[PDB]
Student: 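Structure incoming, see below.
The chains are labelled alphabetically, A first, in the order the sequence lines are listed. Residue numbering in chain A adheres to the PDB entry, whereby the residues present occupy positions 3-123, 129-294 in order. Per the PDB entry, chain B residues shown: 3-123, 129-294, in order. Here chain C follows the PDB entry for its numbers: 3-123, 129-295, in order, are the residues you see. Chain D uses the PDB entry numbers throughout; the residues present, in order, are 21-122, 128-296. Below, all heavy atoms of this structure are taken into account, side chains as well, without hydrogens, waters or symmetry copies. Method on record in the header is X-ray crystallography, 2.0 Å. Every number for a ligand or one of its atoms is a count from 1 in the order of the listing.
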Amino acid sequence: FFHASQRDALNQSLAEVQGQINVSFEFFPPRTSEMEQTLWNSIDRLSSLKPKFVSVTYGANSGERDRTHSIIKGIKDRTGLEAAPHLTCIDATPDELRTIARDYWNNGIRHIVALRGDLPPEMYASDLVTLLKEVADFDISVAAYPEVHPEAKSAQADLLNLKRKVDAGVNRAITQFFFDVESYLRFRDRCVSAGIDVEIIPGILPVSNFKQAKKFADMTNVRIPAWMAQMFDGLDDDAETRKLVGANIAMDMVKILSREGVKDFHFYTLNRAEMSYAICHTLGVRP
Amino acid sequence: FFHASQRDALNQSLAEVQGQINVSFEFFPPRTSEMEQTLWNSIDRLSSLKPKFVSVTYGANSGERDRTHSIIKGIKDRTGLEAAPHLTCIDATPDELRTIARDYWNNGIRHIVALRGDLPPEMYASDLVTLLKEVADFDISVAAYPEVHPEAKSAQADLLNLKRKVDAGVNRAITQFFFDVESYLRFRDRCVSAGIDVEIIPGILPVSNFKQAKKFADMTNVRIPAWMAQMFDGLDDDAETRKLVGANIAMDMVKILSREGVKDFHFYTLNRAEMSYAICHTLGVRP
Amino acid sequence: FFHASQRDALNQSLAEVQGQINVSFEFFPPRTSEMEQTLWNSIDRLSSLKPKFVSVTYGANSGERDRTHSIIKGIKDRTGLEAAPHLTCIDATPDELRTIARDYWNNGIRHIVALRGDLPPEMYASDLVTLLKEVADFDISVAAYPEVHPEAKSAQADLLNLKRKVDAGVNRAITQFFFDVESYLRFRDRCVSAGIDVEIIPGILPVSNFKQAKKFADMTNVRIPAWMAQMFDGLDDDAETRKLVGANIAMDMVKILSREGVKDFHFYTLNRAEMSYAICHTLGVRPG
Amino acid sequence: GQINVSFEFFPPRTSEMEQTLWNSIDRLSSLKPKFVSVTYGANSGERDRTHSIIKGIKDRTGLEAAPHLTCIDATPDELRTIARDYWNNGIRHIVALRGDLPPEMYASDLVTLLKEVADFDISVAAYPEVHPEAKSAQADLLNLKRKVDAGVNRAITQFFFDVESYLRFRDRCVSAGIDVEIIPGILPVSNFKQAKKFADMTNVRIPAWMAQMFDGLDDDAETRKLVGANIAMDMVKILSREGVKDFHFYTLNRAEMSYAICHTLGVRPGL
Ligand SMILES: Cc1cc2nc3c(=O)[nH]c(=O)nc-3n(C[C@H](O)[C@H](O)[C@H](O)COP(=O)(O)OP(=O)(O)OC[C@H]3O[C@@H](n4cnc5c(N)ncnc54)[C@H](O)[C@@H]3O)c2cc1C
Ligand SMILES: Cc1cc2nc3c(=O)[nH]c(=O)nc-3n(C[C@H](O)[C@H](O)[C@H](O)COP(=O)(O)OP(=O)(O)OC[C@H]3O[C@@H](n4cnc5c(N)ncnc54)[C@H](O)[C@@H]3O)c2cc1C
Ligand SMILES: Cc1cc2nc3c(=O)[nH]c(=O)nc-3n(C[C@H](O)[C@H](O)[C@H](O)COP(=O)(O)OP(=O)(O)OC[C@H]3O[C@@H](n4cnc5c(N)ncnc54)[C@H](O)[C@@H]3O)c2cc1C
Ligand SMILES: Cc1cc2nc3c(=O)[nH]c(=O)nc-3n(C[C@H](O)[C@H](O)[C@H](O)COP(=O)(O)OP(=O)(O)OC[C@H]3O[C@@H](n4cnc5c(N)ncnc54)[C@H](O)[C@@H]3O)c2cc1C
Ligand SMILES: Nc1nc2c(c(=O)[nH]1)C[C@@H](CCc1ccc(C(=O)N[C@@H](CCC(=O)O)C(=O)O)s1)CN2
Ligand SMILES: Nc1nc2c(c(=O)[nH]1)C[C@@H](CCc1ccc(C(=O)N[C@@H](CCC(=O)O)C(=O)O)s1)CN2
Ligand SMILES: Nc1nc2c(c(=O)[nH]1)C[C@@H](CCc1ccc(C(=O)N[C@@H](CCC(=O)O)C(=O)O)s1)CN2
Ligand SMILES: Nc1nc2c(c(=O)[nH]1)C[C@@H](CCc1ccc(C(=O)N[C@@H](CCC(=O)O)C(=O)O)s1)CN2
């Protein structure tokens, strides 16, 4: 019984990797008192899993950018975990960036996720990496796109950009979320073929709100397989079933990736802990 | 990428079986006002899925047995669904049984799950089937044990008993719950080899409370694979993670069984709807 | 990676079977002082595995039969395990049989392996079963032949004869040794399909001496699959390799059988403990 | 048979181990291995002991004998003299390694140096579960490719007990454009305690069923040998079914287990 054994094998393999998996969690600046509370609950919950690091997204408005720094600081004080702020090239001059970078370093924040940034309705990520490396010897993470950045002139160019980016001084790449596991695996192979020597860490998005995930997916060129669309069909008013189905999907994904050698996962928590916590548990990442 | 494709294939196959799967739900007599409320909520929730039938377990004490009948009646009135009461050979003479059977039939209850019954601290199931068939032409379901009934002198004898049982006039067999999918598949094959012509419907137990499931499993000779025990290890005080992990397991199980030709599932709901409802959804069984 | 995945699953399921396996060991009356030393050393070793029971073959020689009863007694006293003597219908009147039969029961021997017996150069096993149950409610084990008994006129006829025998009052059947798992599996299915209510316990022969195994098989109608013949080809003078190869085959066999639901094994130890001890170990059957 | 095998031996440090080794060499030589190799240990024998065994094997059996040459605590000039001497004296196959550090040169630098000296047949190490010092799995694979492109005939993998780990690695190698054979290094296990210590030290994973299989056998050598032979024969059977046509055995200087495994593979003496 093929599938029967294959499943038992996969399950047993997953149980045995307990203690070898590195995880990281991504959070975003809360916009309300309610969101803030959820965030700190999630931070405390996930901090007990001892992630290699946690990161905080960087938006464009000034208040939000001041928010990123305060939350990073708040996370460091409260948990003692390495917190990496996301830094973009949007609405910032090289001089402001060097200042922000110098201040981050002097404040004990030596890991930065260097990004170009979403374009609001000049320099590229590689330029930021170079700039940052000139300021200090930062630990740097950058974005990778298994399904190709929607702006790239070609997959070749996008893959080449990643290489250029990595060459400037990157420690790891974190992929855009995906639901087609094979796209990630193939991309990981193409990266080797492109001479990129850093680990390609999959960014995992546990889906609880499909409507919103689909919209984000449609804007980022992320493919939603037909089976997944059918799996969430008819659940617009059933949050409970969506959570169980989404967890099942996320869990199946990390199980397969783990069997393919992946030992690092980055979770897009959307500031909630439940799903990512449970996924990490199946991965053997526990308190 | 083996596992990658195999998974996508399994997932797509599951999506395409939508509308071909028959399901049934098992409930037990509530013992408190709170349990009763949960039950009716679950009944209403699951009734919208149009199960082929629902059943209600039969205990030994007199009040509980009067409970089984009232709940069956309550279910018929409220939903109009076919409700099958479980009937055991415990604390009952052939004459009482014939009376109970005659009264069930005259009351519109023509489907009975015929059982010997758990032994409290004479005749066997096959005897009850024969007795029932003499009273009326009942639609009859009986229990099957993929991992062998703990009382059987041997697997051969237990399998032979099932055949004897089926020969007396059974429409289907429902298996004891299991977590080793291969045991069920092999058993299904052995049943054919034994000349048993009824469908062997898997009884699915969605696990949310592992401690209790393990105890029941240990008493019924049901094996808990090591990977599953590890999956629930450390979750005694985390109901949320247990539910997500349990749903993942149940969902993986019905997905594999479905690919192996199973088109009938019987759920041990434990009077709760959430898990079974979500599992049925992944099976394409929706409102 | 289908072969690999299935292999992992198999090893794992076997790994957690540890504890739910029932094993029994078969011995034969030694014919030399050396053989005796070896036997009791093996009995001591294997006993620490807590076998459900152990049995001793029954020859036709009057003096050797005394050894059968004797050894059973030794085992009984020495280790305290259930020792079931083999009983044949060779050179014995229905009256003598009842004698030793109830003579055994008075000595604490409640389990007997009832056989017709090899015919040295009127009644059958079924007749002996009936004869024993009347003398007392003996726990009885009988022989089964997955590849058909040599004398049987037909597979079906042989199969019905087994039922006849079982329907006479037996608790379990033990198969002639075999090397093709399928034949055993199919036979086991045909058995339930024929209404035989007892388990068909596989008799495992761990092969170290292929030449002698092939000869015993050629006499017992047991098939030596080609792959097995090729596996031992060229090892006539290499006992070490024959042992490793044969241990491998037996471990592979009980692993497949275990995954198929078989929870009972009977080992033809040939009075040696090493191989059977190792196979049991892989089945999770280990000492304290 | 279409199946090729090679055996690995280590320099004996005692009279007893030396006798064991030569007995094994005679036994295994009859299987006509494609080649045999002899490891190196800076503080466990040095180059002279490795060279000695290689010379002995060659004169005694006439088989192709490949020394494991490391480039640690060795200068480029010394390495050149060494290679020259080996070549002029009939040693045309070398297992080029960086060496266990008791960065300088990496194995790829050694491969280049060797090819400059002569057209050696070269074998290098590959790690299905990633070399413990690698920056990442990606980098370790890239470095294998770089090493292979330097002029390698084949790669021999570190031992492993998770067969899928090897299969997945072989596929990644092919996807990476590495065209040489990735020969699985097989370790027949009789002494589990020692194997476990070496594995934990090299990041080789021990499946749960395996550790369970050796549990309670610390003082039972006979059962360990039977159980370990079973594990190895199973492994090579699966690998063989998966298209593997070459096996490299870590004999630990003992022939019984490897000889039997080869037998089950159809690799037998041509008597
Ligand atoms: C893990 C992760 C975290 C993120 N966090 C944030 C966040 O906090 N805030 C936010 O605003 N966004 C965030 N993003 C989104 C991201 O900034 C957008 O995807 C953005 O459009 C590209 O950023 P990048 O760093 O990948 O850009 P780059 O690597 O610079 O690439 C962007 C495009 O330019 C192309 N390109 C590169 N160099 C050249 C060149 N010289 N000429 C022409 N084309 C070129 C590339 O192929 C690509 O199409 C995140 C994405 C990921 C995957
Ligand atoms: C779907 C399902 C629903 C259940 N619902 C209930 C419930 O509501 N209430 C409750 O009390 N229990 C219930 N049970 C549990 C069940 O009653 C126990 O497992 C009980 O021990 C056996 O019942 P059975 O109908 O399988 O018995 P049977 O089929 O009669 O078998 C019981 C044992 O007797 C053996 N046997 C049969 N005939 C003979 C013979 N002539 N001589 C010797 N041995 C023989 C069989 O091999 C077996 O070991 C349920 C089980 C399942 C799987
Ligand atoms: C576990 C095991 C232990 C054994 N131990 C011994 C031992 O210690 N000593 C020894 O001498 N031999 C022993 N044997 C061998 C055995 O006695 C021979 O195989 C013998 O030829 C048949 O014995 P049985 O009990 O199977 O005979 P039976 O079951 O009587 O069958 C023998 C033949 O008669 C046929 N048959 C059976 N009953 C009838 C009937 N009533 N009418 C017509 N045909 C019938 C069958 O089809 C068959 O061909 C053993 C075999 C096994 C597998
Ligand atoms: C078949 C086999 C036989 C062996 N025999 C011996 C023996 O006899 N004696 C002994 O001492 N050891 C031996 N080893 C062990 C080996 O020497 C160690 O694993 C050692 O640490 C690495 O050697 P390598 O030849 O694989 O080195 P390399 O291929 O140089 O790899 C070592 C590390 O450096 C990295 N790397 C490669 N190039 C670069 C670069 N340019 N920049 C940065 N990183 C780079 C790799 O990814 C890896 O982490 C053997 C291993 C195998 C599998
Ligand atoms: N183009 C782009 N890609 C990115 C990110 C980004 O900022 N831009 C960050 C990470 C975003 C991960 C997400 C996936 C789905 C998301 C989602 O559904 N967000 C909510 C909003 C959540 C909130 O309130 O912040 C929504 O779109 O309605 S957020 C990774 N990838
Ligand atoms: N031997 C036996 N087997 C049976 C059943 C049975 O009644 N007896 C009915 C069905 C029982 C299915 C269950 C699996 C796990 C269960 C469980 O955990 N029950 C709770 C009690 C639930 C309640 O309050 O009724 C407990 O054991 O604590 S109930 C199927 N199999
Ligand atoms: N026909 C028949 N079948 C039987 C048995 C029997 O007595 N007769 C008993 C059991 C015999 C099991 C054996 C398989 C191979 C054996 C063997 O090789 N015996 C050695 C003698 C014993 C020894 O090896 O010391 C030989 O024939 O040379 S003994 C089961 N089957
Ligand atoms: N890092 C590293 N990897 C290597 C080798 C090496 O030298 N270093 C050579 C080969 C070593 C193969 C071995 C696997 C297990 C071994 C072992 O247990 N050796 C015992 C000695 C066994 C004996 O010879 O009795 C020990 O030194 O503890 S030796 C292949 N891989």
Student: Under what name is the drug at ligand 6 recorded?
Tutor: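 It's recorded as LY309887.
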Student: Report, using the naming of UniProt, the chain with the greatest number of heavy-atom pairs under 4.5 Å to LY309887 (ligand 6).
Tutor: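 By contact count, the main one is 5,10-methylenetetrahydrofolate reductase.
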Student: Which chain letters come up when looking for other chains with a heavy atom under 4.0 Å from LY309887 (ligand 6)?
Tutor: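 Heavy-atom contacts come from B.
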Student: At a 4.0 Å heavy-atom threshold, which residues contact LY309887 (ligand 6)?
Tutor: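 Using heavy atoms under 4.0 Å, it comprises B:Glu28, B:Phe30, B:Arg33, B:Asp120, B:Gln183, B:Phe184, B:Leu212, B:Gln219, B:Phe223, B:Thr227, B:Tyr275, B:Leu277.
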Student: If we only count N/O pairs under 3.5 Å, is B:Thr59 in contact with LY309887 (ligand 6)?
Tutor: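 So LY309887 (ligand 6) has no N or O lying under 3.5 Å from an N or O of B:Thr59.
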Student: Which (6S)-5-methyl-5,6,7,8-tetrahydrofolate-binding residues that UniProt annotates in chain B are found with a heavy atom under 4.0 Å from LY309887 (ligand 6)?
Tutor: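 Applying the heavy-atom cut-off to the UniProt set, I get B:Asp120, B:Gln183, B:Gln219.
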Student: So which protein heavy atom does atom 30 (C) of LY309887 (ligand 6) come closest to, and at what separation?
Tutor: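 Answer, as residue, atom name and distance: B:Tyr275 CE2, 3.3 Å.
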Student: Using UniProt's active-site annotation for chain B, which residue is nearest to LY309887 (ligand 6) and at what heavy-atom distance (1 Å precision)?
Tutor: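 Of the UniProt active-site residues, the closest to LY309887 (ligand 6) by heavy atoms is B:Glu28, 3 Å.
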Student: Checking a contact table here: which protein heavy atom is nearest atom 6 (C) of LY309887 (ligand 6), and how many Å away?
Tutor: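 The answer is B:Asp120 OD2, 3.6 Å.
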Student: Does some non-hydrogen atom of the protein lie less than 4.0 angstrom from atom 20 (C) of LY309887 (ligand 6)?
Tutor: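 Answer no: nothing from the protein, no heavy atom, is under 4.0 Å.
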Student: To check your reading of the model: name the closest protein heavy atom to atom 24 (O) of LY309887 (ligand 6), its residue, and the distance in Å.
Tutor: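 Residue, atom and distance for the closest contact: B:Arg33 NH2, 2.9 Å.
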Student: Heavy atoms of the protein only: does one fall short of 4.0 Å from atom 16 (C) of LY309887 (ligand 6)?
Tutor: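 So atom 16 (C) of LY309887 (ligand 6) has protein heavy-atom neighbours under 4.0 Å.
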Student: Counting each atom of LY309887 (ligand 6) from 1 as listed, which ones have a heavy atom of B:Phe30 under 4.0 Å away?
Tutor: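 Every atom of LY309887 (ligand 6) under 4.0 Å from some heavy atom of B:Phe30: 23 (C), 24 (O), 25 (O).
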Student: Could you check atom 11 (C) of LY309887 (ligand 6) against the protein and tell me its nearest heavy-atom contact, residue, atom and distance included?
Tutor: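 For atom 11 (C) of LY309887 (ligand 6), the nearest protein heavy atom is B:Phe223 CZ, 3.7 Å.
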Student: Provide the number and element of each atom of LY309887 (ligand 6) under 4.0 Å from a heavy atom of B:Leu212.
Tutor: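 Listed by number with element, the hits are 14 (C), 15 (C).
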Student: Which residues in chain B does UniProt mark as FAD-binding that also have a heavy atom less than 4.0 Å from LY309887 (ligand 6)?
Tutor: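 By heavy-atom distance, the UniProt-listed hits: B:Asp120.
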Student: Looking only at protein heavy atoms, which one is nearest to atom 28 (O) of LY309887 (ligand 6), and how far off is it?
Tutor: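 Heavy-atom neighbour on the protein nearest atom 28 (O) of LY309887 (ligand 6): B:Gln219 NE2, 2.8 Å.
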Student: Polar contacts were defined as any N/O atom of the residue lying under 3.5 Å from an N/O atom of the ligand; does this apply to B:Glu28 and LY309887 (ligand 6)?
Tutor: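 Between B:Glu28 and LY309887 (ligand 6) (N or O atoms, distance only) the closest approach is not under 3.5 Å.
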Student: Tell me whether B:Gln183 has any N or O atom under 3.5 angstrom from an N or O of LY309887 (ligand 6).
Tutor: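 Yes; the residue has a nitrogen or oxygen that sits under 3.5 Å from a nitrogen or oxygen of the ligand.
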Student: Just which atoms of LY309887 (ligand 6) are under 4.0 Å from any heavy atom in B:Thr227?
Tutor: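 Going through LY309887 (ligand 6) atom by atom, the ones under 4.0 Å from B:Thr227 are 1 (N).
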